[PDB]
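Here's the structure we're looking at; comments come further down.
Proteins come first, then strands; the chains are lettered A, B, ... in the order of their sequence lines, and each starts at number 1. For the numbers below, each heavy atom of this structure counts, side chains included, while hydrogens, waters and symmetry mates do not. When the header is checked for method, it gives X-ray crystallography, 2.8 Å. As the structure lists them, so they are numbered: ligands from 1, and atoms in each ligand from 1.
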Amino acid sequence: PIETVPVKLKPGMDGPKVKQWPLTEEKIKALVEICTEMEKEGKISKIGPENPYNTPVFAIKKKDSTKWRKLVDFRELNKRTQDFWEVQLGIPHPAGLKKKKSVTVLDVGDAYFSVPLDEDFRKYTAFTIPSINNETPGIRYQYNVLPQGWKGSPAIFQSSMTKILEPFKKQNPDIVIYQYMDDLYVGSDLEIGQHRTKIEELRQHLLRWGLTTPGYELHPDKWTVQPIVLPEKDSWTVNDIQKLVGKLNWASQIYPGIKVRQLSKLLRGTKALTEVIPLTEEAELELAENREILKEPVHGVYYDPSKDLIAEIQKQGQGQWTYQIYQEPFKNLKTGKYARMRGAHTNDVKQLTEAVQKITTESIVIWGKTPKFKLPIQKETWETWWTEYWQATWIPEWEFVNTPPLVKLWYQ
Amino acid sequence: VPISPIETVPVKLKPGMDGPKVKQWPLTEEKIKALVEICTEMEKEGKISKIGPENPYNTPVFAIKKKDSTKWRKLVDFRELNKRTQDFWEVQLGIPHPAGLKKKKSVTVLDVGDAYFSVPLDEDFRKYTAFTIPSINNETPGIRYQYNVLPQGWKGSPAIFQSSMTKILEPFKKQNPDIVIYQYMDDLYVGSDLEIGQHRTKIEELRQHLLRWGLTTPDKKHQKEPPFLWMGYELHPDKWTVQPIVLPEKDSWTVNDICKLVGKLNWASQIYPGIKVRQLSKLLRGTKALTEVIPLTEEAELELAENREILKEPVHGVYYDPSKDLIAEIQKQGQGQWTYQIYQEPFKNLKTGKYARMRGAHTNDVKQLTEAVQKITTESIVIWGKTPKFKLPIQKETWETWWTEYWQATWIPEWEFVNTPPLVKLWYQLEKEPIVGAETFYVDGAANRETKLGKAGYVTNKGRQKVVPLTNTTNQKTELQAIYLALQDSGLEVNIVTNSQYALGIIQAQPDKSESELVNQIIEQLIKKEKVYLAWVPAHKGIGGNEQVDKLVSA
DNA sequence: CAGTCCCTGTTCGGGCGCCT
DNA sequence: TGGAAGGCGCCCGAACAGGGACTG
Ligand SMILES: Cc1cn([C@H]2C[C@H](N=[N+]=[N-])[C@@H](COP(=O)(O)OP(=O)(O)OP(=O)(O)O)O2)c(=O)[nH]c1=O
Ligand SMILES: [Mg+2]
């Protein structure tokens with residue numbers, strides 16, 4: 001018995017119709033059970049083919065969890081509620097969160113089940129549960145309350161949230177709190193014990209308002225960049241200087257100061273690649289001033305909240321992965337490398353998955369948005385396995401690229 | 001007043017749009033007999049109704065003989081109503097495979113009598129169904145009827161039928177957790193570990209349950225009699241098979257002929273190992289008329305011959321034993337053709353299948369292997385809900401070299417080497433470092449957008465040089481060409497410097513097969529070398545030899 | 001620079017198979 | 001006769017999309 005906030009799709013737009021993908025038997029069982037108990041609690045209810053709309057559903061285990069979580073892929077719905085959760089009820093972003101020495105992420109998503117949902121909307125939360133070997137047709141449902149992983153949910157429940165939070169915001173005046181979808185990001189400059197404790201207090205404090213919390217610890221001040229670096233050699237072959245000029249030439253669309261003329265000079269003849277070329281005065285100097293420019297910031301890169309984030313990843317081999325988040329080409333808001341993630345030296349798809357989650361997470365902390373990924377993988381390869389490795393409650397947008405490495409720009 | 005059997009499902013038209021007005025077919029009186037016959041019998045039961053002209057909608061009508069029967073089936077073409085009817089979400093997500101079925105001690109297969117007709121239509125919707133029944137002469141008008149139930153031929157019938165049916169069977173299934181009911185349309189497969197007696201009790205019980213909802217279950221039902229005919233298969237207590245496949249005999253083949261043939265063989269490939277459709281499909285490319293006649297190549301003739309030999313001997317599949325592992329083994333068939341068998345106990349197949357798809361202009365065996373493993377994983381996950389353990393004709397180091405080196409994320413799930421040839425390999429490997437003592441070729445080529453004339457050539461550290469004139473070419477082609485030349489004219493170890501991104505990217509992915517003949521020749525040469533190092537420099541940077549050969553090839 | 005062309009990849013719609 | 005549907009699969013080609021280089 002609460003007042004349902006009305007919701008409309010973006011102007012001139014229709015609800016999501018997206019095929020359910022095949023599910024493993026364990027994910028089908030976990031879902032059949034989750035949905036059964038979610039029904040007898042009135043949170044969802046069966047429906048029929050009359051309703052034209054569908055969203056894909058599946059299950060995951062959070063990192064270290066062992067308990068199954070239901071996960072809906074609302075990306076297509078969220079794209080069509082964009083008006084609502086950007087323009088009307090949306091949330092401001094705490095530029096200090098990223099500065100805090102520790103940040104914990106909590107799943108507050110269960111809270112959303114409390115509030116009911118505008119009834120004219122539920123037609124759009126439609127999702128089908130598949131059967132193994134198509135024994136049965138799809139068991140269709142729809143949501144009677146605020147769904148997890150819908151972008152309208154954390155917005156609509158925002159007033160309730162702010163109210164439940166205000167006591168602890170008053171009790172701990174300087175601890176920063178951010179809400180991004182099903183997660184609450186919470187951070188402090190307190191030492192580890194103090195911090196963990198205060199989290200526990202926020203937990204109880206959440207409990208007497210009627211919520212559970214099935215915690216991820218980040219450290220945004222540990223987060224570093226991955227600058228472009230030129231090699232160091234005592235002797236240079238023709239090949240070495242060719243590779244070097246190629247690299248510097250590409251680097252020049254970023255740092256415009258970069259000069260190739262004195263280094264180009266060295267290459268003047270038609271020479272064998274393995275032949276050693278000693279470095280001239282002015283090339284040693286050009287190489288120096290280049291090394292120095294690559295130390296700087298890029299001029300005039302700043303974050304524009306009106307624009308989408310874009311993330312690129314390159315597979316560097318030997319466990320290493322490099323990435324860059326940017327809005328306009330060559331103006332990079334950040335660059336990074338990951339190494340020895342899970343699946344290093346064994347499974348690429350798992351490592352890419354881990355990388356996509358880490359990158360997304362940093363973007364949420366830093367700008368409060370998810371990037372759109374350009375993934376170095378084939379569509380089928382990713383769509384076959386990504387769910388197996390997915391530990392997170394949101395799902396960023398992606399597209400697939402083929403971009404061979406004619407130059408090694410981002411990693412020596 | 002009529003009566004109400006089971007809960008109805010709300011319907012609508014495409015908003016602000018209205019119904020089906022189109023004239024009836026010039027139907028032959030022969031059908032009209034068989035038509036008005038059961039037509040009239042409908043109304044008695046509440047299936048149809050007579051309607052005042054107040055209903056301004058008209059839709060065509062016909063019927064086709066139920067296959068393998070003397071009886072007739074009624075079909076109403078709604079295409080114009082379909083176009084204007086609200087969109088549904090189909091609940092039928094696929095087809096069940098026999099190979100997915102577990103072994104059941106006792107098994108029944110029962111069809112519902114007049115299924116779509118046992119399901120209440122929507123009150124408010126019924127009107128739109130208006131159609132008219134023909135006569136022996138054109139004098140008698142014939143009555144106009146509005147369906148009270150689900151017509152055969154609407155676009156909403158199947159989803160509603162399957163949905164309601166599930167809702168009905170729901171309660172029975174909860175009471176009997178140990179019964180398996182595969183529900184496909186109105187076809188029910190019930191199986192259990194019950195004793196044939198207790199089981200038949202249960203079958204009867206079910207028939208009663210379906211009765212409460214208005215669902216008849218005639219003696220059309222398979223009772224004691226393996227094999228059961230189910231979904232185009234014969235089901236036996238320990239084995240299954242496809243119902244026999246007839247392959248057309250035609251002396252002269254049309255396009256439609258080859259289509260039937262191919263699709264028949266694709267149906268067959270779920271069980272008969274080693275079916276190949278490649279060459280028969282080559283015959284269908286870029287052809288106009290389904291009717292048009294085409295001759296069989298000495299290629300497609302061989303294929304069809306050996307495929308016929310495969311079909312000759314009877315084969316059968318087994319069922320699924322959840323306790324044991326799943327195993328998928330793959331064989332390379334040549335020309336991008338792959339076959340596989342999924343089994344549990346060696347030599348006893350659950351099912352078979354093939355991957356023939358050519359994906360990409362340039363590709364290799366390793367990539368196509370990855371592609372098939374994925375096709376098969378997805379298939380498995382649908383049927384058994386789990387991924388098979390894989391047996392692959394690719395050495396463990398081959399795979400390791402490919403995946404670690406490739407710039408793209410790539411993976412295969414748990415798998416082991418099976419030494420069945422022909423083995424999948426990488427046919428050449430690019431050096432990671434320039435080759436000492438090998439001649440260095442700087443290559444370029446250019447071409448004129450208007451002339452389509454161009455040059456491809458090279459210069460080397462040793463003084464060697466060449467330029468070749470080319471006709472009806474493109475910039476891309478000339479860059480590839482320059483590389484081809486450098487390869488032809490060079491020793492067994494060679495350094496090649498190109499400024500072509502396009503060329504370099506094609507070759508760096510180690511293709512063994514190409515749509516392009518020029519790339520095939522490049523491939524052929526790469527395989528012959530002992531060491532190739534390919535390097536890239538940017539154009540127009542005044543680099544080294546790249547500048548010199550850029551000169552040579554504009555001139 | 002915008003405006004082409006080349007090329008290569010995806011998506012879609014149409015034919016056959018098979019079930020109901 | 002010639003004609004309906006929904007679902008899954010294959011194979012094809014024709015359409016659209018989008019990156020990179022060269023040119024007005
Ligand atoms: C074969 C076939 C079936 N259907 C649907 C419609 C039918 N429902 N009804 N009425 C179902 C079932 O068809 P079916 O099971 O083959 O026969 P049915 O009509 O139910 O009566 P029965 O012979 O006495 O058993 O499939 C179809 O729409 N077009 C077809 O060509
Ligand atoms: Mg029937």
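The compound at ligand 1, a drug or drug candidate, is named AZT-TP. Lab note: main contact partner of AZT-TP (ligand 1) (name per the PDB entry) = HIV-1 Reverse Transcriptase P66 subunit.
The heavy-atom neighbours of AZT-TP (ligand 1) at a 4.0 Å cut-off, by chain: B, C, D. Per the deposited entry, no covalent link of AZT-TP (ligand 1) reaches a chain.
Among the ligands and ions shown, the ones besides AZT-TP (ligand 1) lying under 4.0 Å from that drug are ligand 2 (magnesium ion). With a non-hydrogen cut-off of 4.0 Å, the residues around AZT-TP (ligand 1) amount to B/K66, B/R73, B/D111, B/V112, B/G113, B/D114, B/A115, B/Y116, B/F117, B/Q152, B/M185, B/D186, B/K220, C/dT20, D/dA4, D/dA5.
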